[PDB]
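Beneath this line is the structure, given in structure tokens, with notes to follow.
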Amino acid sequence: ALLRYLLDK
Amino acid sequence: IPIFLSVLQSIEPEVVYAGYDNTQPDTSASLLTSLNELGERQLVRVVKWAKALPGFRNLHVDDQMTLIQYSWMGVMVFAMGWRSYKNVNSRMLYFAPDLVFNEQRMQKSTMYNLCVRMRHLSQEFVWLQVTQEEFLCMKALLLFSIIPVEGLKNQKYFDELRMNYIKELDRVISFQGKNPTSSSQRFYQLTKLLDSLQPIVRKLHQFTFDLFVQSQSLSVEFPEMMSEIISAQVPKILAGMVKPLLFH
Ligand SMILES: CC(=O)[C@H]1CC[C@H]2[C@@H]3CCC4=CC(=O)CC[C@]4(C)[C@H]3CC[C@]12C
């Protein structure tokens, strides 16, 4: 979810 | 004729510090923990870099995640080798300005043989006299060096984007080289150097898994995002569910 969060920024 | 050189020069991330206390006596746990911390913050910058690499954000978001999960280790080892080259002429491993591994630290780290292999890799930069432009092109290419054995969501597009960045590496060489024959040989050498990363990164993934499993007995903390990436895809890598994409 953290990687997905950084990608969606 | 090279169309990405100035983009890659402008999106290159700044250098990350470890924050290691270089007055404490070195232990296995302190060194590997510090490396994990540095790894976390480098991974944040690698994600911002990958997002800025032309075409990357056009892959399906699930493919972007797959690619970063698979190639962060390769990208970071390659960048670290370059730093070791530019700063200590590949005599020591320059993880961060405040975490340089000399021989002693390589021993205390518990991963001595892997450190030696990675220092040999940096020596390849010394022998080839890799330029900054070649370095940037090859590092961009490392985000296209591993895929699931069953492929990505949009394979077709990944293939074309990868071919585009391979072509860019060639364009950079021929923009800088002397003859068509010399530039062909240079392309051959540098794609072989890229290919040689794969066995190293495999061994590093094995070690990473060994440490992750033993993190409680060894007192080696993994930060959050590293933990999620490792436990997400390192077992699949070790189980043979991925396929290296060779350049040569
Ligand atoms: C398992 C472990 O603690 C070690 C084994 C290999 C190590 C990595 C080796 C490559 C490396 C280079 C860097 O410059 C950032 C930290 C990283 C990414 C290291 C983080 C910690 C690792 C993952």
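First the proteins, then the strands, lettered A, B, ... as listed; each starts at 1. Counting starts at 1 for both ligands and their atoms, in listed order. Computation of the quantities below employed the complete heavy-atom set of this structure, encompassing side-chain atoms and omitting hydrogens, waters and symmetry-equivalent molecules. Header says: X-ray crystallography, 2.4 Å.
Of the listed ajmaline, tegaserod, dotinurad, desidustat, progesterone, the one present at ligand 1 is progesterone. Measured by close contacts, the chief partner of progesterone (ligand 1) is listed under the PDB entry as Ancestral androgen receptor. The other chains with any non-hydrogen atom less than 4.0 Å from progesterone (ligand 1) are B.
Counting heavy atoms within 4.0 Å, the binding site of progesterone (ligand 1) comprises B:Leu35, B:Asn36, B:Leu38, B:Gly39, B:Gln42, B:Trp72, B:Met73, B:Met76, B:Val77, B:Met80, B:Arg83, B:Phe95, B:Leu204, B:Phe207, B:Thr208, B:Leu211. Each of the following atoms of progesterone (ligand 1) lies closer than 4.0 Å to a heavy atom of B:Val77: 10 (C). Backbone and side-chain nitrogen or oxygen atoms of B:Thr208 are examined, and none is located within less than 3.5 angstrom of a nitrogen or oxygen of progesterone (ligand 1).
Among protein heavy atoms, atom 9 (C) of progesterone (ligand 1) sits closest to B:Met73 SD, 4.1 Å. The single protein non-hydrogen atom nearest to atom 2 (C) of progesterone (ligand 1) is B:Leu211 CD2, 3.4 Å, given as residue, atom name and distance. What sits closest to atom 20 (C) of progesterone (ligand 1) on the protein, heavy atoms only, is B:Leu35 O, 3.6 Å.
For atom 12 (C) of progesterone (ligand 1), the nearest protein heavy atom is under 4.0 Å away.
Below 4.0 Å from some heavy atom of B:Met76 lie the following atoms of progesterone (ligand 1), by number and element: 18 (C). Protein heavy atom nearest atom 5 (C) of progesterone (ligand 1), with residue, atom name and distance: B:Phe207 CD2, 3.6 Å. When only interatomic distances are considered, the shortest N/O to N/O separation between B:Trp72 and progesterone (ligand 1) does not fall below 3.5 Å. Per-residue contacts place B:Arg83 under 4.0 angstrom from the following atoms of progesterone (ligand 1) (heavy atoms of the residue considered): 14 (O). Considering only non-hydrogen protein atoms, atom 6 (C) of progesterone (ligand 1) sits nearest to B:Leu204 CD2, 3.8 Å. Near B:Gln42, meaning under 4.0 Å from one of its heavy atoms, progesterone (ligand 1) places the atoms 13 (C), 14 (O), 15 (C). Looking only at heavy atoms of the protein, atom 22 (C) of progesterone (ligand 1) is closest to B:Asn36 OD1, 4.3 Å.
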